[PDB]
K.L.:
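I'm reviewing an experimental structure with darunavir and have questions.
Within every chain, numbering begins at 1; the chains are lettered A, B, ... in the order of the sequence lines, protein sequences first and strands thereafter. We count ligands from 1, going down the list as the structure has it; atoms in each ligand are counted the same way. Atoms considered below: every heavy atom in the structure, side chains included; atoms not considered: hydrogens, waters and symmetry mates.
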2 protein chains.
Amino acid sequence: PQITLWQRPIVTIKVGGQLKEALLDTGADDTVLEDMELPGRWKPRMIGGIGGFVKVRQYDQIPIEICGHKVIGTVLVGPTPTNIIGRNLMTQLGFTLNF
Amino acid sequence: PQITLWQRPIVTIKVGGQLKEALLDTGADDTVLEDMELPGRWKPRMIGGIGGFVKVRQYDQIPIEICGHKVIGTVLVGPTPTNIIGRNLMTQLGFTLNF
Ligand SMILES: CC(C)CN(C[C@@H](O)[C@H](Cc1ccccc1)NC(=O)O[C@H]1CO[C@H]2OCC[C@H]21)S(=O)(=O)c1ccc(N)cc1
């Protein structure tokens, strides 16, 4: 499908048995979700956003359902203005930018 | 053209007489560039993201060349860690996300 950008490109995700909304974010290398419970162990990760650097929780190999597709990969959990699906998972979906 | 997301989608822009590299950012509502001077009036603004908020100056109706194409719109200028082309300008090039 094709998604224009007059409004935020928000999609429904299913992660950790929870239905949420998230921003398709080509400016994000990594996927960052607001605080939630995920299984398994996490490791520390520091990410640099527009406001500076933040400690987040890195969970690896996490199943997420996005746009009718299952992806599996690294999900960072931490204080973010909004859930963001970064390039690590958008590539799993085969997203490209087109003009 | 079609731009991959395996790497950050960076493109060359021309703005304020100056050539720069910028991140195509579907996750960014507005275009924000690293501190520079732009002609005309501006209004102070705060934008929030991963690390918190940054204070920027908002210039309206600023001409920018992106991917060889001339567009106009709002440009926020401030202490962002990188130049970001937001949705407000990407729409004007008919940019879409496709999968
Ligand atoms: C958090 C989003 C809702 C908004 N951010 C846009 C987003 O694309 C930023 C854009 C961005 C890009 C680089 C540096 C700072 C901000 N990326 C980002 O925070 O990514 C972090 C998560 O993965 C990592 O990969 C890149 C940085 C890390 S934002 O930069 O804060 C932002 C907010 C408002 C406007 N107008 C413009 C930009």
K.L.:
Which molecule here shares more close contacts with darunavir than any other chain, as the PDB entry names it?
P.N.:
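By contact count, the main one is Protease.
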K.L.:
By chain letter, which other chains contact darunavir with heavy atoms under 4.0 Å?
P.N.:
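Heavy atoms that close belong to A, B.
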K.L.:
For darunavir, which part of A/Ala28 has a heavy atom less than 4.0 Å away: the side chain, the backbone, both, or neither?
P.N.:
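A/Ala28 to darunavir: contacts from backbone and side chain alike.
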K.L.:
Checking contacts here: is it the side chain or the backbone of B/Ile84 that comes within 4.0 Å of darunavir, counting heavy atoms only? Could be both or neither.
P.N.:
side chain
K.L.:
Between B/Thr82 and darunavir, does any nitrogen or oxygen pair lie at a separation below 3.5 Å?
P.N.:
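N/O-N/O distance below 3.5 Å does not exist for this pair.
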K.L.:
If you measure from each non-hydrogen atom of A/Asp29 to darunavir, which part falls under 4.0 Å: side chain, backbone, both or neither?
P.N.:
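Both backbone and side chain of A/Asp29 come within 4.0 Å of darunavir.
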K.L.:
List every atom of darunavir that sits less than 4.0 Å from any heavy atom of B/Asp30, numbering the atoms from 1 in the order shown and giving each element.
P.N.:
35 (C), 36 (N), 37 (C)
K.L.:
Starting from atom 12 (C) of darunavir, locate the nearest protein heavy atom and write down its residue, its atom name and how far away it is, to 0.1 Å.
P.N.:
A/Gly27 O, 3.5 Å
K.L.:
Quick check on contacts: which atoms of darunavir are under 4.0 angstrom from a heavy atom of B/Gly48?
P.N.:
31 (O), 33 (C)
K.L.:
Using a heavy-atom cut-off of under 4.0 Å, does the side chain or the backbone of B/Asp25 touch darunavir, or both, or neither?
P.N.:
side chain
K.L.:
If I apply the N/O under 3.5 Å rule, does B/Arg8 come out as touching darunavir?
P.N.:
no
K.L.:
Give, by chain and number, all residues and nucleotides of other chains with a heavy atom within 4.0 Å of darunavir.
P.N.:
A/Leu23, A/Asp25, A/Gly27, A/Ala28, A/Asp29, A/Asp30, A/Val32, A/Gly48, A/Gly49, A/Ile50, A/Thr82, B/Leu23, B/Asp25, B/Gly27, B/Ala28, B/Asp29, B/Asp30, B/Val32, B/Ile47, B/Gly48, B/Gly49, B/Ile50, B/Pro81, B/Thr82, B/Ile84
K.L.:
Between darunavir and the protein, find all N/O pairs closer than 3.5 Å and give the distance for each.
P.N.:
{"from": "darunavir", "atom 1": "8 (O)", "to": "A/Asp25", "atom 2": "OD1", "distance (Å)": "2.7"}
{"from": "darunavir", "atom 1": "8 (O)", "to": "A/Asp25", "atom 2": "OD2", "distance (Å)": "3.3"}
{"from": "darunavir", "atom 1": "8 (O)", "to": "B/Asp25", "atom 2": "OD1", "distance (Å)": "2.6"}
{"from": "darunavir", "atom 1": "8 (O)", "to": "B/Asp25", "atom 2": "OD2", "distance (Å)": "2.5"}
{"from": "darunavir", "atom 1": "17 (N)", "to": "A/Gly27", "atom 2": "O", "distance (Å)": "3.3"}
{"from": "darunavir", "atom 1": "23 (O)", "to": "A/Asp29", "atom 2": "N", "distance (Å)": "3.4"}
{"from": "darunavir", "atom 1": "23 (O)", "to": "A/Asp30", "atom 2": "N", "distance (Å)": "3.2"}
{"from": "darunavir", "atom 1": "25 (O)", "to": "A/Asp29", "atom 2": "N", "distance (Å)": "2.8"}
{"from": "darunavir", "atom 1": "25 (O)", "to": "A/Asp29", "atom 2": "OD2", "distance (Å)": "3.2"}
{"from": "darunavir", "atom 1": "36 (N)", "to": "B/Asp30", "atom 2": "N", "distance (Å)": "3.2"}
{"from": "darunavir", "atom 1": "36 (N)", "to": "B/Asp30", "atom 2": "O", "distance (Å)": "3.2"}

